[PDB]
A.B. asks: 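My questions all concern the structure below.
Throughout, numbering of the chain's residues begins at 1 and tracks the sequence. Note that ligands are numbered from 1 as they come in the structure, with each ligand's atoms numbered from 1 the same way. Computation of the quantities below employed the complete heavy-atom set of this structure, encompassing side-chain atoms and omitting hydrogens, waters and symmetry-equivalent molecules.
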Amino acid sequence: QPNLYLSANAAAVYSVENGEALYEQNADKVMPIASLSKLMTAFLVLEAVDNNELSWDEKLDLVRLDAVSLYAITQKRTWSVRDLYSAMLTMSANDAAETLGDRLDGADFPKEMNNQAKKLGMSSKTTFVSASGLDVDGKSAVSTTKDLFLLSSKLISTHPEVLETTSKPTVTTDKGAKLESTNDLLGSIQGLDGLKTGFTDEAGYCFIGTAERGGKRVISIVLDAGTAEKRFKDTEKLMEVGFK
Ligand SMILES: *C(=O)[C@@H](NC(=O)[C@H](N)c1ccccc1)[C@@H]1N[C@@H](C(=O)O)C(C)(C)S1
């Protein structure tokens, strides 16, 4: 049970095969999660396509934010559902995430996120507030590492194709737009193919990682590391523990 000396305030790594913790630090602590919220949006986008309620080719106009935004970078407002989903997962474009949630359930999308959270076994310490994880009316999206593990594991087992997108260091859209991934560990740790970064002043630097080697998948959670690099340094330590 050796200490890792992590930057993160809360961190953990779990085996997917049995859901068991291999390392835990403040695993029950309620923590701001910010852009990690986009994994729930991704889950609900994928449920919508499967349920014949959403088309990958439907074109949508980016909602305007009050943040990293797809519109500002490109000056293009109209995007397919596919590209909005890629932008949300790769570059963490808030306006992309909010456009997807609004198409799915309008104003009622946070209620749908928390409905789904309870459905996937996440504890009542989890609260989503928005499709992007941006604060809403001063309230913040919060969760625990244990709850984030359950979300991620359910997302990967229910929709394994999420990793087809999260494993790409660059997603190039059909019309040539190159969306650069925030996951700098891709191509560095063997088997790593996800999952999602986040950062606010309050949440610090966060990252949910996942890797698989020889049938064994692990999911790592890093919350409130001190720099953009340190959340990845913590992930390397956790990923070493996960495959020991
Ligand atoms: C999710 O956490 C997003 N964070 C923000 O939009 C912050 N409000 C912000 C950060 C910096 C400047 C202005 C606002 C996105 N996820 C982050 C991440 O993946 O590390 C982001 C910086 C790419 S933005």
A.B. asks: I'd love to know the name of the drug at ligand 1.
C.D. replies: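 You're looking at ampicillin (open form).
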A.B. asks: What does the PDB entry call the chain with the greatest number of heavy-atom pairs under 4.5 Å to ampicillin (open form)?
C.D. replies: Lmo2812 protein
A.B. asks: Which residues lie closer than 4.0 Å to ampicillin (open form) by heavy-atom distance?
C.D. replies: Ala34, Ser35, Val68, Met91, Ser92, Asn94, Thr197, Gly198, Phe199, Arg231
A.B. asks: List the source organism for chain A per the PDB.
C.D. replies: Listeria monocytogenes EGD-e
A.B. asks: In the protein, what heavy atom is nearest to atom 10 (C) of ampicillin (open form), and what distance, to one decimal place, separates them?
C.D. replies: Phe199 CD2, 3.5 Å
A.B. asks: When you compare ampicillin (open form) with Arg231, is there at least one nitrogen or oxygen pair between them that comes in under 3.5 angstrom?
C.D. replies: yes
A.B. asks: Is a covalent adduct between ampicillin (open form) and a chain modeled, and at which residue and atom?
C.D. replies: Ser35 OG
A.B. asks: If you scan the protein for heavy atoms around atom 5 (C) of ampicillin (open form), do you find one that is closer than 4.0 Å?
C.D. replies: yes
A.B. asks: Look only at interatomic distance and state if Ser132 has a nitrogen or oxygen under 3.5 Å from any nitrogen or oxygen of ampicillin (open form).
C.D. replies: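 Between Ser132 and ampicillin (open form), no N or O pair is found under 3.5 Å apart.
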